[PDB]
Visitor: 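This structure shows vonoprazan in complex with Potassium-transporting ATPase alpha chain 1.
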Amino acid sequence: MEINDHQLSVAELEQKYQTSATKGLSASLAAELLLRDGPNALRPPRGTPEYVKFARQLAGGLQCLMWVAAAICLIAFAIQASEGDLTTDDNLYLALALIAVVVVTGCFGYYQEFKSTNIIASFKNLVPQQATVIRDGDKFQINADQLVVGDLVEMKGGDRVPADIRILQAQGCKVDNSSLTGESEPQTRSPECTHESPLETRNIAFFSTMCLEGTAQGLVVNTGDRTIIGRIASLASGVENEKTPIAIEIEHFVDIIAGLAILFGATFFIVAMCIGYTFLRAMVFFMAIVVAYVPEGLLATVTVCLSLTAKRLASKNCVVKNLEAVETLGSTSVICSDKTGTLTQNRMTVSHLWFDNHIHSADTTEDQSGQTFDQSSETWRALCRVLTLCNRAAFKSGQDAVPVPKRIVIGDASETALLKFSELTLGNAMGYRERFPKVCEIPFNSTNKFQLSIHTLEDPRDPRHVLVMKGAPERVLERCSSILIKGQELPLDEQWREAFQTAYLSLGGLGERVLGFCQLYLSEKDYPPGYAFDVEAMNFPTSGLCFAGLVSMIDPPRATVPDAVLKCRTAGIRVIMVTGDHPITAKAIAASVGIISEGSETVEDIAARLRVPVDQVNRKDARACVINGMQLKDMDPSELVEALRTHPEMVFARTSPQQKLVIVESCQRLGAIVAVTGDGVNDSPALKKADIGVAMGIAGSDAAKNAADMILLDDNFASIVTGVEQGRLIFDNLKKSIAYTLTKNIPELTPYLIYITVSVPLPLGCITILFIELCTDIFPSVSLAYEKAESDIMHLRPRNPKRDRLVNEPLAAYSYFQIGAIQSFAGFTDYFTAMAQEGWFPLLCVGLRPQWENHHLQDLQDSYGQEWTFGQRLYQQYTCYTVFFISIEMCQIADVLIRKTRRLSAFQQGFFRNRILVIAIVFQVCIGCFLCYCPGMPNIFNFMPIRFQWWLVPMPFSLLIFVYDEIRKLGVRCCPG
Amino acid sequence: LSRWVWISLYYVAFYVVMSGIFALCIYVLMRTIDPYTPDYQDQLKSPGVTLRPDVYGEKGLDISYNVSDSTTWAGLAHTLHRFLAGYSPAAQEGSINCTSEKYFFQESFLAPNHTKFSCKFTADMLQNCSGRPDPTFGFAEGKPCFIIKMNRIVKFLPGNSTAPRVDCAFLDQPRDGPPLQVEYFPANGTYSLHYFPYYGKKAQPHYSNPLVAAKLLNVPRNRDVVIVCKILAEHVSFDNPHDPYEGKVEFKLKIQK
Ligand SMILES: CCCCCCCC/C=C\CCCCCCCC(=O)OC[C@H](COP(=O)(O)OCC[N+](C)(C)C)OC(=O)CCCCCCC/C=C/CCCCCCCC
Ligand SMILES: CCCCCCCC/C=C\CCCCCCCC(=O)OC[C@H](COP(=O)(O)OCC[N+](C)(C)C)OC(=O)CCCCCCC/C=C/CCCCCCCC
Ligand SMILES: CNCc1cc(-c2ccccc2F)n(S(=O)(=O)c2cccnc2)c1
Ligand SMILES: *[C@@H]1O[C@H](CO)[C@@H](O)[C@H](O)[C@H]1NC(C)=O
Ligand SMILES: *[C@@H]1O[C@H](CO)[C@@H](O)[C@H](O)[C@H]1NC(C)=O
Ligand SMILES: *[C@@H]1O[C@H](CO)[C@@H](O)[C@H](O)[C@H]1NC(C)=O
């Protein structure tokens, strides 16, 4: 519906908007139009309430498993205050504890997301933008947000384009659309309708963009959300954020847990009722078992581990918006990546020169950390003189601390690039320029198509003039007649014109913008000091000049980018360019950064070298491929899959926002986990549909950053590789921390399974299972986060999401029903020892529960015939608690040690080398002892000061665990079969 | 096809092995264990005391009956009968008339079938409260007989000087009447020292705790009252806030008419 404006007659536009095309909007009428349509800006995302942003942290796979758990607990506790006088209420304790970790975690997640979006928001430099409006025939400055539709505005070089502007008249006006399109080079804006699609016309300038040079005036066509900017952003509303690979994995093992809890609970409900229990209590143990499979501290510890990895990345200027994202880059198999502003710096900089019959190569990095070119020659010193003197750009004041590549410049596009180039080669270009007073100058026009100026020289012993000129290379060549070479100034014979033309076309072939420079020193005889030059009379030479050289410019990669791409591919990650820019530039940078490897070629390159039609080229031979948006429009999805499968190094050029999203989708659907990296609004849509969206912090648009899960605060593309590494550690390490945390759940449950099916006195209490789950084993299990890697992690392929899971059925089966088994026979041996040494032999212990718990027996007889009161039996039960607990703790020192490694032996990688883990074993044993031997503890937490034989009964079982896992791991190590 | 067998057989192998290991732990533990003396007596610091006939309420021992309604006390008496059916001359043959009056230490096993000697204690020693001449143990009068029994702990010694007595008195003595007058059987209310020390069920298969009867005489009818009934012996403590049966027994009592 937007299309109407750029195709109208100026009469029609004045009609539509009740405006003048030269004197502009009336003042009152623009006041009213502001009341009608609101301010001219994008209305921010709707903005969800604070209390609901808390509410959503309490939801999630583990969390819901825990809410169902506490649900079951309260249903059972109600059944049990109905079923006789029981003041046991364990399910009150457990359910309220579950709610407790879910909630406290919730606070922690909410607070992390708070602090992270303050860290992101606080680098957003919200400074109000302005606009030159003309109203009642007056040119003045108003805030951009007060522009109503129909206003007459003006733009010049430097200005930010304030609204969506349809251009009535323009002098040499070029513009920077890289936030909207891909295009890295300045885009001409002229008033004539060149397309019906308003994106591809030249008579609209876009709401967010930058006017680089020239001048235009035009009428306001959309304000705010209604602009192409707000439309492309509103596209990212219609993109739904699928759930992260880590969230999937958590939900997978929540499913495994749920399976087990049902299978068990059912099996022992059948058994419970075959032992002659009432159906109504067999349901209560069904319930207790089902809940008993739900770990209580897991959600806490993983939410600590992710948080520590976030702290690591935040340290490296990589702020993450929510904890799940710290994993995603580790699981990623492709990176769909924007070109301009992402891989590149979005800054045209001098990259090459042609002088002394050679193509030199300037250092295009932003930190200036590469190979500069040879500056010995007289030819260079001259060529530097021309490009330094023939130039009107100037640094804004007080920028001496700012590195030169980042400095703001009041100039044109090419002139800015060259001014930074002189400042980094010659040093202090503007003073140098002052030393050679400009006496005459033709600026760039459309008549001549070159810029020239004449200057008096430096010292007084030379009183000559020097004419310097620059322009399109062919146009400079025809106007001059000799060439500087090596101290010679030789005649420009046929071969020099052919070699010049060869160089010009080579730098054009690498997608760079070539400018030719030239000079002529003027005689004292003909042009003596004080001579009145006249640009219209042209009373000086514009011909027969002397060629200096060619200087050529490009939008060049960010310094750390080529290496970052290198490492991602070393680590099995397919990098794809998805850029809106034109194919030739796209392919140049795709060479420069390592997306297209040195020596691979497209099918068009093969045809071009072999001299064959492209019909005959065997596509299998072409490792690289460039596809623009047009060919991608006439492609079945099957053809896209054929191209992605066939050509390893893929480059998509001239790609619309929606086409980026479609390439993300095609990979995703093919099984990829996709990361996209992006500069601006155009890449914002891809950013949302991505498994992980990475926005550039500085270069990035509010739309991009908002879509992204992660912000590179300093635009350091190498952060990406750190993301890969930290997401590959924290995954392997979580697989460790979980394996540890899950293994205590079988020794915590077999007591109750026996206590039911055998009617032994209760070996292990609820009040102490809580201490294990939430106190003693927390710091060990979090310490596993700090494990170093067990391989060259960044040389491993990305994990297969359908085969390699966080928790497999083999992993569970091992941790539960083998390491957990050994822990349960440990505890039960310490149980029967603790009782027999106190008076109760095992054979007596079967069936003894009814009498054990009876308050109406204060003279129950042990195996020696002695008579215990109920309270005395109870302090014995607490002793049973404390020995089963300590059996579990010793076996969880063995657990934390064997779970340091999944492959390697403890002898190789070590024992004491994870220092946080050691501090946590000391901590675990200290809390243990405080719970045992502090006074008052038998009454407050039901822990007895156990004797020192009871610690050692588990030692052989602990060492047995250690040896058992070593033999398994050495089986895998020394035998892949 | 046939590999689930090769892994499940690994699990049955693993659980059989691990079970056997546990078995040998038990077996070896069951030779740590002396058949006559427990290794530690860590929670039997002082003996528990139990009452009889024991009837329990929401808050503990709660005995309540009606002198005119034998329904409300036949049961009580019939427990005192069943309780004392093992203090009959008939079922006391395995024990001997100890008359020693001081501790009956035995280091060797000089009693039939490689055992030790336990003392006789027969119902008729509770005299009036022995179920003769009154088969209602004093309930039908309103002067009931409560049998007090001190829990046996192996080789526990109450005190060398006197025999341990049972002092039985009001918790809150009604403030319009006198202290609780009780008549004990035996007469001072004592457990005679030749019943101590207990050597265990294997050692003295025929052992029977000394009982002392407390005949409560002047309890006011139709009033809720609480009787504390503690044991006075040197090695016997009765002030434990987390076991109200260590060294004593409290009970609420109301006799209705
Ligand atoms: C990873 C971090 C997670 C976030 C923390 C959440 C923790 C919440 C866990 C549980 C809360 C439920 C307990 C609250 C209820 C207190 C009730 C009370 O009135 O209590 C008295 C009882 C003693 O009962 P009894 O058995 O003697 O009665 C026997 C009664 N008859 C005889 C009738 C049977 O005691 C008790 O139940 C208390 C039992 C409590 C068990 C605690 C488990 C260990 C948790 C450690 C977390 C420490 C965090 C510290 C943070 C510091 C930051 C600066
Ligand atoms: C799916 C996996 C299931 C695994 C379940 C465990 C199965 C194995 C368990 C028991 C098998 C028999 C083990 C006991 C026999 C040991 C050998 C033996 O001959 O020793 C003699 C004892 C003593 O004899 P006494 O006391 O009469 O004389 C007293 C002796 N004087 C007088 C000298 C002191 O004989 C005794 O006590 C006999 C005691 C028998 C009852 C033991 C208590 C049962 C408790 C079981 C809990 C098991 C936990 C399972 C954890 C699995 C984790 C997944
Ligand atoms: C979640 N894994 C730890 C866990 C939690 C419980 C539990 C279940 C129901 C109610 C209260 C509980 F603490 N159990 S338990 O084996 O069922 C059990 C053990 C001892 C006493 N009662 C029950 C095991
Ligand atoms: C038990 O021995 C005593 C000791 O003097 C004796 O007087 C009494 O007759 C005996 N009682 C019997 C055998 O019933
Ligand atoms: C015990 O009963 C007898 C009657 O058989 C009597 O001589 C004696 O006084 C009674 N003692 C008490 C305290 O009632
Ligand atoms: C029990 O005593 C009550 C007084 O509480 C009396 O009313 C009643 O008659 C007695 N019982 C019978 C069965 O008479």
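The alphabet sets the chain names here, A first, running in the order the sequence lines are given. Chain A is numbered as in the PDB entry, which gives 48-1024 for the residues shown. Numbering, chain B: per the PDB entry, residues 34-290 in sequence. Computed over heavy atoms, backbone and side chain alike; hydrogens, waters and symmetry mates excluded. Order of appearance sets the numbers: ligands from 1, and atoms from 1 within every ligand. Quick check of the header: X-ray crystallography, 2.8 Å.
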Visitor: Which ligands or chains belong to vonoprazan?
Guide: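 You'll find it at ligand 3.
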Visitor: Identify the other chains in heavy-atom contact with vonoprazan at a 4.0 Å cut-off.
Guide: A
Visitor: So, at a heavy-atom cut-off of 4.0 Å, what does the binding site of vonoprazan look like in terms of residues?
Guide: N138(A), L141(A), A335(A), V338(A), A339(A), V341(A), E343(A), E795(A), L796(A), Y799(A), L811(A), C813(A), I816(A)
Visitor: If you number the transmembrane segments of chain A from the N terminus as UniProt does, which have a heavy atom under 4.0 Å from vonoprazan?
Guide: 2, 4, 5, 6
Visitor: Enumerate the K(+)-binding residues UniProt records for chain A that place a heavy atom under 4.0 Å from vonoprazan.
Guide: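 Going by UniProt and heavy atoms, it's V338(A), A339(A), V341(A), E343(A), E795(A).
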Visitor: Using a heavy-atom cut-off of 4.0 Å, name the UniProt Mg(2+)-binding residues of chain A that are that close to vonoprazan.
Guide: none
